[PDB]
**Student:** 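Hey, check out berzosertib bound to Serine/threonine-protein kinase ATR.
Chain lettering follows the listing: the opening sequence line is A, and each later line takes the next letter. Here chain A follows the PDB entry, giving residues 1671-1810 in order. The residue numbers of chain B are those assigned by the PDB entry, with the residues present covering 1280-1562, 1571-1601, 1620-1869, 1879-2185, 2188-2572, 2579-2644 sequentially. Throughout, chain C uses the PDB entry numbering, with the displayed residues spanning 1950-2088 in order. Note that ligands are numbered from 1 as they come in the structure, with each ligand's atoms numbered from 1 the same way. Contacts are counted only within the shown part of the entry, which is not the complete deposit.
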Amino acid sequence: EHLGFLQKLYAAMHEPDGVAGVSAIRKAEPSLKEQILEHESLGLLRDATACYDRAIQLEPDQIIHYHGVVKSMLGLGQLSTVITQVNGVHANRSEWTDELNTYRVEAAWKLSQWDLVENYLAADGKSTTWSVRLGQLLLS
Amino acid sequence: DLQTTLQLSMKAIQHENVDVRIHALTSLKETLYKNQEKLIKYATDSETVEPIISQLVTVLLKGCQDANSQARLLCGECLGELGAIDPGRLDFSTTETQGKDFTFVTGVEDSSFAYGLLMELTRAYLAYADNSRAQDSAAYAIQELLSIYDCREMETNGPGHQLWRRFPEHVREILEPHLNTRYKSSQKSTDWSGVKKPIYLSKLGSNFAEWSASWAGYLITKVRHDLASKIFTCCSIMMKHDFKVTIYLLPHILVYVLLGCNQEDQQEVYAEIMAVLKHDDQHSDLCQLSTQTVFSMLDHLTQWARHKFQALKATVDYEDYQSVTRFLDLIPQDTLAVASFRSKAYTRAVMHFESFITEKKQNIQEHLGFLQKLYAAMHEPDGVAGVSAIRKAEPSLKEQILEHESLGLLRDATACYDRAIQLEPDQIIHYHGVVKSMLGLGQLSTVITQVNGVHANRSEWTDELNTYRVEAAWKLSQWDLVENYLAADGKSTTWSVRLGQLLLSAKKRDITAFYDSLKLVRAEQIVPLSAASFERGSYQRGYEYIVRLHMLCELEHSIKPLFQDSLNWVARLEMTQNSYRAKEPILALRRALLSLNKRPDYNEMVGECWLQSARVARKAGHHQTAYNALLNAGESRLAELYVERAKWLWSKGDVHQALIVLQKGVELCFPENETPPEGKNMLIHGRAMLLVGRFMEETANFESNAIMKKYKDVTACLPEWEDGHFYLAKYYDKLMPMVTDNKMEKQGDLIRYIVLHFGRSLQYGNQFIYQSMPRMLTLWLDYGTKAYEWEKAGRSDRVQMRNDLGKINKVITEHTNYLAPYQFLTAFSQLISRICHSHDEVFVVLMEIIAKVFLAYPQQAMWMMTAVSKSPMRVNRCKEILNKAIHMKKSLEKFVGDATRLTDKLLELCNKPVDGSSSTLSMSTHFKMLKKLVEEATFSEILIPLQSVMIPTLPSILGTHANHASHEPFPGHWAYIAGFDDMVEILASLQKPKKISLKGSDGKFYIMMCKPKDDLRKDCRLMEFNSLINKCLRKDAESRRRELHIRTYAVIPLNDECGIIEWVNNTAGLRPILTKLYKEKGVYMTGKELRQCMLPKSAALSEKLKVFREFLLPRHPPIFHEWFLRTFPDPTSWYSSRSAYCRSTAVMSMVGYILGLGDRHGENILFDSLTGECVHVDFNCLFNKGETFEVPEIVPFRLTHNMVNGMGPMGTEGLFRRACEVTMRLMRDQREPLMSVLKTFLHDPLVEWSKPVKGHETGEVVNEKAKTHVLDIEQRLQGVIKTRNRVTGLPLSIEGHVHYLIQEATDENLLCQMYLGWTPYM
Amino acid sequence: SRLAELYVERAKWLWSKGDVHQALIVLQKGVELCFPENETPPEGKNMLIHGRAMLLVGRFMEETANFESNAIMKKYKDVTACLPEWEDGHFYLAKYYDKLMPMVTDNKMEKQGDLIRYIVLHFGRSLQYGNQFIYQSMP
Ligand SMILES: CNCc1ccc(-c2cc(-c3nc(-c4ccc(S(=O)(=O)C(C)C)cc4)cnc3N)on2)cc1
Ligand SMILES: CNCc1ccc(-c2cc(-c3nc(-c4ccc(S(=O)(=O)C(C)C)cc4)cnc3N)on2)cc1
């Protein structure tokens, strides 16, 4: 009855082994949120990108799932795709652009496009991500 | 009935009056929809669709190149209604009509040529009446054409006399209408002074009709032949009003112009041609048809040159021939290649490029880019893979992106697309690639937002990129978004956008827009079919569009009720070909359709559709999309979802996590609480229990009794399911050798249990018949043999054995009663092999089985028992079996008598000594008794023993009531022996065997060679095996897409040393084919210098290699490509036949390696003149008997340098290697049925394994090497290489095995050692 | 970018995916491209990469079943002759000799003397040049 709480604890502690244990213990079919938590904890990112798109289809107003999708695209090495994805999310929703600026700034300083890095940084003051800080240092 | 209906409708659709055709087609669509249940039964009840369905499919696929648009659309709708039957279920063999192949291959001055001229000009004379300005020339042209030749029906057999003979005398009546009526000729021409010298592409030659006329006239001026000049003058002017006979005469005009004239006239035509080819369209229709007619003329030129070469081989002739040959040589082959690629004549581009590479020695490496582009344009993945394997340099990124698109790996391709976007940002094809790959993985939301982003930064692109937004939207069921995106752009016509428009208009309930768009989409889909059907293997090549028609039919039938559905969706999906590309679009559209109208159970139906998608994508290997489908299949089928997840994990190799998930699901859904009797839930419980039992069997943890109890559990859950009984029985079979110490005396009751469960499984299905029946009969009969030997030995355990043998006999008797005769028919040859069993009670039971099968199918059975009936113990046993069969039904008395008489007279024919020498013996004079016998009216009708009527067709998994009874094996035409053609042909090739030709009841003639002094039992069993491999190749999606197939003739042994073999028409050995080409070239080696070239087997390998490399290979250059060039002149047929040769050689190379086929010398490999496909004969030396010869055979199969040459400039890479890998993969997947049949073949007591001893018991002759041969065959099927030689390694992969085999077969160090009769040099 | 390293890494990647055959094919194709037999690689890092690739080829060959021992031994000796200071060459040569010793000599120590000398010699040189395989070579 309490496996959800336990798995969220172990995911917060960053214990992937506890998440794997809770996964092995469940008799019931895992939720989709639990599958996403299981994949984020034990890195697959392909199982996870499938799950993220499935969640976006089921719950389309959560920024968390777009975070997941773009982070997975970034982990695979698809930088141009990441910039375009963030631009689309920004196209149909502007509020999310500030939270997703991290990934476009990272893809920009990894692609070595300093013009894009400059724009994306100028249009941000709230992000203290490691990605944005590294981008600011490289632009300086 | 509906069989009569379909037959008469098939003949009505093929009517000349297009209105009759249209009415027949409309009523046929109505009939197909109304009789959908009977048609689904026809298509799905056997492994092959009933013959009528095959005829209907061919007739429709042809009625769809018909000109009238309504007829095309109509056969398209009827092909959709009929379903997209798997091409492997349909049989298109019946329609290898000549068709495109008629007569008049080469014509120059013959009045066959003039008759073509005259009838084209009669089409013109009716085209004269169009409007009179064309009167002017058409009339006088026809008049002078009549004047030039005999224009009349003079009772004298005058040339033009028999051309009036030629004319369909309606047109010939037109000719006689005004025989001498000069229609006031123009008489006028404009001499070509100051004419635009680059004619094509300027003043008078800027359009196709005018350009053709102008160039044809300038050529008219140049020809110096007295006769040809006459008629070229004749129609000079109507070539103005006629583009088509301009097209007709240009080919010959150029021939005459070049057969000798001023050199700069030559150069004028040459520069004209080169300007046509060199010029680049867009750098409109004039380009197209200018190049097309230039190709016309050059084709005629090379054809005429070949005919001329033959004539001169059989002076002025030589000078003219050299003239036209030189003009042909002057045009560069690569110019023609790139011109053809521009024209989209891809096969012609391939022909020209290959001739360029070989004729003018060129390094293929410099031209690999063009070749990869050619093969990617032809949608030929094998050529792209071959170019990738040939290339030495590192692949460009574009060349990498092409290879991935063709080979079909979408993740690697997505990475490549991203890197490409980074490298070249403004190219749109790359964004196309990435969005296509996102859509393929099922990432639909990501596709929508990706296209939105591309739109945001570049708005121009999001009109080509709108296709993917619309597809993703109608797959998400987001109808608002579909509406927006569609309204945005009306330009796109891609299938996804048409489907989105259709579904959207169904959503809005707009009936008229729906039906208009439906007609438009159907027409668009039929358009490519009309081009594809002009072909060989047309159904499979156009299968994508037939699946689209299938989808459109399902769509319309599902939508109609909304507007104002009997279609069976499961049967319609099972017919389809087992591929991802075939079934996935269907299921996606089905989910959309379920969402369009929401019934109560659609949350469950959509889940079932997602699970079917999962199982389809898994079997194909798309584990990522399989997982996405599993995710989308939410619930309502929890048990099925757990079984699918278990199978997915198993396929990913993770058998442990698979077993864990499966046990979890089986406890969750079928808890120990309650017995699931709930029908479908009981079936799912049984399937899950069986899957668990299997998983256990592969996992090394579990005990034997645990697995056994799990299997018994499944057989108790579902007691009428074949799979449970089969797996139980084969597991018992596994554990029997261990449990009993491999001593059969204790194996008795275990054998009884195994036999019983094999038979039970057979009662409820035929899916494992080739593992069940052979093994059941083997175990029973061999335990009988053992019991007999013990009885004679006297041991005390032999009484135990008598008892348990009695019990096994009782089990086998009950099986005899319950099973259907065709099921034993599948093993009849084994049953007959065991007729000389020593134990008499075992023989009584065997006799019951054989007599049952004989009463059911007396024709097949009689043909299979002829040999043994004529063999002493074999004769007596077979006579007892026959007597029993006659006793059960006395009508068989007359048939058996007539068959024995016919057969022993055929035997006399085989053994009749040919009187001295003459290649012909008359039936009327030399035999006079076989003819009488067959001519009598009382003589029973004896089936012609072709392979189609000897090999049974087993019911399919779908068919409930067809199975185990009410199923007709051997469906299709049966042709009985109506009579003998008089002429008998003696053959000098195969050791003097006659060639009688039987006349069938249908009127067709079947050529049957009557070979003597050979035991064909081995060949008979081998043909059975090859036919099983043929079934397996048909069912496989990739095998069928490549059209892999083994050409199996019919071998019927009449006697221990005689037999009749079905002659394979239109074939010649590789050695005669090559020898003819070497003789034409004038480079040949008589037996003399071959003798002097041969050295003793004592000689060291180095001497042999030097002889081979320095004398035999230089004398025999590779020429086998010229056979393909001369036999298949059309580029389409040349390409089809070259690829057929590659695929067939590959299939039979792999199968021969598996079977140890040896003695593949020149004659033993025949090549079809019509299809290009390889046919192997003389299957005597099997299972590595070659290594026993005095000069052993060290090559796995035959791949000499001339064969590799025939394969093309890529060589063994490309199509040959990829067909080899497909065959190897399929033969490893089916290792267990193939190995069952092979075990039964290698232990056959009737096959003459050892030549009979000189001095002259039981008819049986045991095979000593049986165990060795079985172990070696199963090693080869596992990948294990005999060549250890102080090396221990793992089994080779399929690619590694194929590579090793090819490099062993083509190795010169091995070939030099082969006997010279094998002709390793040729 | 100045990379036969690229071919060695492709070969290792394919071998990791389990595709040992295409690994060997790509590696032998890239060894023939980057190190054509005409001109020897005598240079600095290029001799290093040549030796790395030749050893990787020998190991692929050893794993594959169709190759027989003489060719594998010759490849390993090639590696040790190209890079005599490198430890892996000697180690793998001696390991292969140790493996094929039982078969060649029928598991009889008497004929194993000469093979044993070669094996210990190359184990020892291995040790002289590195310690990476000390627990397999000294024991
Ligand atoms: C999304 N596709 C549709 C769908 C959805 C669910 C299922 C399903 C449910 C289970 C299941 N899995 C586990 C489990 C999993 C992982 C680990 S782990 O430690 O490896 C680490 C990866 C956490 C350990 C145990 C335990 N109990 C179970 N009931 O398995 N498959 C099948 C198809
Ligand atoms: C060889 N020693 C024993 C032996 C002898 C014969 C057989 C045998 C024959 C056939 C068979 N042959 C052909 C065939 C053969 C050759 C040519 S040819 O153009 O080379 C020209 C030189 C004749 C053309 C056609 C067509 N259809 C068939 N069924 O099948 N098995 C088997 C074993």
**Student:** What are the letters of the other chains with a heavy atom below 4.0 Å from berzosertib (ligand 2)?
**Tutor:** B
**Student:** Provide the binding site of berzosertib (ligand 2) at 4.0 Å, counting non-hydrogen atoms only.
**Tutor:** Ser2305(B), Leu2306(B), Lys2327(B), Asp2330(B), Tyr2365(B), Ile2377(B), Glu2378(B), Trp2379(B), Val2380(B), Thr2383(B), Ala2384(B), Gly2385(B), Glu2479(B), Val2493(B), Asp2494(B)
**Student:** For berzosertib (ligand 2), which UniProt domain of chain B supplies most of the contacting residues?
**Tutor:** PI3K/PI4K catalytic
